[PDB]
Visitor: 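Quick one: the structure is below, and I'll ask about it shortly.
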Amino acid sequence: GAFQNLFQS
Amino acid sequence: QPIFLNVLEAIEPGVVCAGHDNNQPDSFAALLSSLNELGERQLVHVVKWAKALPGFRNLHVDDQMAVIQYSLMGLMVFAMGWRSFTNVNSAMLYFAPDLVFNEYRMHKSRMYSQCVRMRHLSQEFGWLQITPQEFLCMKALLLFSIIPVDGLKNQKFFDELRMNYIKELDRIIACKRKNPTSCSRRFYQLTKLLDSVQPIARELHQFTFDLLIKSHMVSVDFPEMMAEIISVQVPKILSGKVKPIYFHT
Ligand SMILES: C[C@](O)(CS(=O)(=O)c1ccc(F)cc1)C(=O)Nc1ccc(C#N)c(C(F)(F)F)c1
């Protein structure tokens, strides 16, 4: 979700 | 050198501003919308900080994400208690340079009870004379202070990391050494202080959960990312599925 994609960049 | 302490100071994040309109009169919706936005901003910096911590990449990617989310509130509350101590000697709550709470705001936000607990925590830094070094080591230990009761994916590496952060904080505690009355007691004091972050983060979790639930009916905006964390991870804490690791009983 939204946090994993933050975690990604 | 003091390798470990160097790293903690090197990665410690800068000032994060909330973007709040300090010339509008205070309403609940504005204060809470500014806090939700600041919450997301500080979360972005917490991810970067955390990923740079010694050993953090020993953890399974999934344990990494989970401890960030679970420990977010305790972390922000602790950093904020320190900022209030250093910036205003604990008279007000220094969420951000552009979002300082006086008693009127504490009350308009409808989080007075939680705010008063936070101010107390802030005074404690004074009372105990916490050094900037002890602060940094304690804050680092808080990212490893809250886990699912059913354990993590690679729990053994977590256990080792945490043990090693406990060690570093013991190595660094402030005392005249030829007396472990100070050193053994200092540790006691600091671990009591760390424990007390948890009920406060729990009250704040409870209030934010409730606010998300009724948010449409009170005009508070949650960033999409905060909405997901509140609805997906927050309730594991409130339901007892994820729990703090306490020093004392
Ligand atoms: C009400 C709320 O905005 C909720 S939130 O930021 O969306 C949030 C959502 C999920 C979490 F796991 C933690 C925090 C909040 O707790 N904000 C907030 C923002 C900044 C700071 C600081 N500093 C704090 C506090 F911890 F210090 F209270 C709290």
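Below, read A as the first sequence line, B as the second, and so on, with proteins coming before strands; counting in each chain starts at 1. Determination method: X-ray crystallography, 2.1 Å. Note that ligands are numbered from 1 as they come in the structure, with each ligand's atoms numbered from 1 the same way. The basis for the numbers below is simple: all heavy atoms, side chains too, and nothing from hydrogens, waters or symmetry mates.
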Visitor: Which drug molecule is found at ligand 1 in this structure?
Guide: R-bicalutamide
Visitor: Mind checking something for me? Which chain has more close contacts with R-bicalutamide than the rest, going by the PDB entry?
Guide: Androgen receptor
Visitor: Using a heavy-atom cut-off of 4.0 Å, enumerate the other chains touching R-bicalutamide.
Guide: B
Visitor: Taking only heavy atoms of B:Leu38 into account, list the atoms of R-bicalutamide that are under 4.0 Å away from them.
Guide: 20 (C)
Visitor: Which residues overlap between the UniProt 17beta-hydroxy-5alpha-androstan-3-one-binding set of chain B and the residues with a heavy atom under 4.0 Å from R-bicalutamide?
Guide: B:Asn36, B:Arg83, B:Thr208
Visitor: Which UniProt domain name applies to the region of chain B with most contacts to R-bicalutamide?
Guide: NR LBD
Visitor: Considering only non-hydrogen protein atoms, determine which one is nearest to atom 25 (C) of R-bicalutamide and report residue, atom name and distance to 0.1 Å.
Guide: B:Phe95 CE2, 3.9 Å
Visitor: Do any heavy atoms of B:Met118 fall under 4.0 Å from R-bicalutamide?
Guide: yes
Visitor: Which residue and non-hydrogen atom of the protein lie closest to atom 4 (C) of R-bicalutamide, and at what distance in Å?
Guide: B:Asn36 OD1, 3.6 Å
Visitor: May I ask you to identify the nearest protein heavy atom to atom 13 (C) of R-bicalutamide, giving residue, atom name and distance to one decimal place in Å?
Guide: B:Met73 CE, 3.4 Å
Visitor: What atoms of R-bicalutamide come within less than 4.0 Å of a heavy atom belonging to B:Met80?
Guide: 23 (N), 27 (F)
Visitor: Does R-bicalutamide have any atom that is closer than 4.0 Å to a heavy atom of B:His205?
Guide: yes
Visitor: For R-bicalutamide, which atoms have a heavy atom of B:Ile230 less than 4.0 angstrom away?
Guide: 9 (C), 10 (C)
Visitor: Give the residue, atom name and distance (to 0.1 Å) of the protein heavy atom nearest atom 23 (N) of R-bicalutamide.
Guide: B:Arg83 NH2, 3.0 Å
Visitor: Is there a polar contact, in the sense of an N or O pair closer than 3.5 Å, between B:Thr208 and R-bicalutamide?
Guide: no
Visitor: Non-hydrogen atoms of B:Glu37 versus R-bicalutamide: any pair closer than 4.0 Å?
Guide: no
Visitor: Flag B:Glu40 as yes when one of its N or O atoms lies below 3.5 Å from any N or O atom of R-bicalutamide, and as no otherwise.
Guide: no
Visitor: So which protein heavy atom does atom 17 (N) of R-bicalutamide come closest to, and at what separation?
Guide: B:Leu35 O, 3.4 Å
Visitor: Which residues does the binding site of R-bicalutamide contain at 4.0 Å, with heavy atoms considered?
Guide: B:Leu32, B:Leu35, B:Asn36, B:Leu38, B:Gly39, B:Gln42, B:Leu72, B:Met73, B:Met76, B:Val77, B:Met80, B:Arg83, B:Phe95, B:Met118, B:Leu204, B:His205, B:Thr208, B:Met226, B:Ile229, B:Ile230, B:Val234
